[PDB]
Amino acid sequence: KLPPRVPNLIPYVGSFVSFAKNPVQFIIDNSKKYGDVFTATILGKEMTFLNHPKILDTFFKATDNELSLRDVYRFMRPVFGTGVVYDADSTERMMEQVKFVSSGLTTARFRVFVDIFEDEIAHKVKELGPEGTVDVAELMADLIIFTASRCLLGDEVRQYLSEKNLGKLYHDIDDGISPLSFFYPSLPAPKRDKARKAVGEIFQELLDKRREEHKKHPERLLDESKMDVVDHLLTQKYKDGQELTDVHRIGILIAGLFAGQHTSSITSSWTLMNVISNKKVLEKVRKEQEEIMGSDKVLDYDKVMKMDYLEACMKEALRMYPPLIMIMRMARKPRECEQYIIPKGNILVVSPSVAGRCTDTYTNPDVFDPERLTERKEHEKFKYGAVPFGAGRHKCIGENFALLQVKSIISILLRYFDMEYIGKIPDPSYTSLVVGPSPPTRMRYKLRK
Ligand SMILES: CC[C@@H](C)n1ncn(-c2ccc(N3CCN(c4ccc(OC[C@H]5CO[C@](Cn6cncn6)(c6ccc(Cl)cc6Cl)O5)cc4)CC3)cc2)c1=O
Ligand code: HEM
């Protein structure tokens, strides 16, 4: 029959109160009370939490007409645009749009991306000076505003960042998104909407400029190392032959930059903080860096590919502090799952955060210990033991890029600076859509040369 329910405090509002304090602890606590599968009413939504790695196969392998992403992420529509990604007309169109982004994240482009990271950090160290303190979360976000923009949109975007305040507009859009929007998509957000329109106009100009550049240098279209997401969007069609609209192109770019920015800056923050706060971990990270760099003075893709330990540090941060704490679908048909049938209309929930603390999987899960991965391989105990990037048909297409951007940034910063964190590593703050550390996050830095 139906899964057990978390008793409602009120009707309607149901369990929103305990949930919103800490959605992660909410799931953990109620797992203990009611088991692997339970349902809670939250601001009117029937939400069925799947809480053990063992049972996640049917979630991640279901087709979109059984478990819909579009029904649950559609709320993003005012940020991304009408008709884009989870507001696409069909599952099929969404997948095609996702592929246009993934198509600018090729190995050829990755080699160029490393140079971009070097370039932006070099600009940034001018601001920072020989020593000081800086907010880690801001520093990463500020770096990734410039790096992700150039990576995805091309270098032509940088003059907008430097001269037309594009970075501020991103913030206006992105602080205009409340996690509550998940429940009340219609929440007015007029500042967000003004900024989104401004970025829209700028990205329209970027497209128009690229068009005529594709006139004066069609060779660009033949060079895989110079082809970015703007170029792919300007030269592709859907499979059935239908052309893209510039409105669609703008929305896809914005969606891509969104995805491309937060989850990464938050991960780089938690990673750097944990690395510089643990002497043994920092020693190993630096030993690895010194061996890989050899006599070489800057980064390249091949070097980054060898940074196995640093990559484990990032994965360990993702186990502990995955920035998307909930993965969701709406059931369009009833769904079995253990003894239970989950009713049509329920929202199924999987939590990367819960998974990362599960004890069937990880020993002392509150400790940041990259060696649980490299040596004890604890993640491999279950097929879905670690799902920071999701899994199955909708698994994150930006992974390897994430890994690249975060590893590069951390590696370059280490090369530049000795760094120590000020205070305890914070707790996560559940106030935002993408979850990051509670401010403030400060660190002391000093130049190494
Ligand atoms: C705020 C105070 C108090 C009232 N409160 N306290 C806590 N909460 C709360 C928190 C969180 C949540 N939620 C609901 C929203 N949520 C969430 C919803 C959708 C979602 O979508 C994942 C999809 C959609 O966007 C992306 C994100 N992404 C992928 N890679 C990097 N980011 C995505 C995929 C593709 C593209 Cl192109 C763009 C985007 Cl953004 O994947 C992620 C999280 C987290 C839990 C609800 C309430 C509160 O309301
Ligand atoms: C550490 C950084 C990142 C984390 C933790 C992360 C996490 C995720 C997760 C969990 C999903 C699955 C969502 C779901 O199935 O409901 C996902 C999907 C996706 N991610 Fe990421 N992501 C990261 C970086 C990126 C980057 C950098 C991009 C683009 C540049 C990106 C683009 C996407 C896209 C397009 C999807 C949708 C796949 C689909 O629906 O088919 N992500 N991501």
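All residue numbers refer to positions in the sequence shown, counting from 1. Note that ligands are numbered from 1 as they come in the structure, with each ligand's atoms numbered from 1 the same way.
The molecule at ligand 1, chosen from cinaciguat, itraconazole, lividomycin, avilamycin, is itraconazole. Structurally, the main neighbour of itraconazole is the chain that the PDB entry identifies as Protein CYP51.
Note on itraconazole: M328 sits in its first shell, one or more heavy atoms being nearer than 4.0 Å.
Proximity to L324 (heavy-atom distance under 4.0 Å) selects the following atoms of itraconazole: 27 (C), 28 (N), 29 (C), 32 (N), 42 (C).
Source organism of chain A, per the entry: Naegleria fowleri.
Close approach of itraconazole to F183 is summarised as follows: ligand atoms under 4.0 Å from at least one heavy atom of the residue are 46 (C), 47 (C). Per-residue contacts place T263 under 4.0 angstrom from the following atoms of itraconazole (heavy atoms of the residue considered): 31 (C), 32 (N).
Listed by number with element, the atoms of itraconazole under 4.0 angstrom from any heavy atom of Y430 are 6 (N), 7 (C), 8 (N), 10 (C).
Of all protein heavy atoms, the one lying nearest to atom 11 (C) of itraconazole is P179 CB, 3.4 Å. Here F16 has side-chain heavy atoms under 4.0 Å from itraconazole, and that is the only part of it that gets that close.
With a 4.0 Å heavy-atom cut-off, itraconazole is reached by the side chain of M76 but not by its N, CA, C or O.
Each of the atoms 49 (O) of itraconazole lies under 4.0 Å from some heavy atom of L180. Near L433, meaning under 4.0 Å from any of its heavy atoms, are these atoms of itraconazole: 15 (C), 16 (N), 17 (C).
Under the 4.0 angstrom criterion, atom 2 (C) of itraconazole counts as lacking any protein heavy-atom contact. Within the listing of itraconazole, atoms 14 (C), 15 (C) sit less than 4.0 angstrom from a heavy atom of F182. Comparing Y73, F258, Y86 by heavy-atom distance to atom 34 (C) of itraconazole, the nearest is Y86. The distance from itraconazole to the heavy atoms of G256 drops below 4.0 Å at these ligand atoms: 37 (Cl). Nearest non-hydrogen protein atom to atom 13 (N) of itraconazole is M326 SD, 4.3 Å. Considering backbone and side-chain atoms together, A20 places an N or O closer than 3.5 Å to an N or O of itraconazole. Taking every heavy atom under 4.0 Å from itraconazole, one finds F16, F19, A20, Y73, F75, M76, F80, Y86, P179, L180, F182, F183, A255, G256, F258, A259, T263, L324, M326, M328, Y430, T431, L433.
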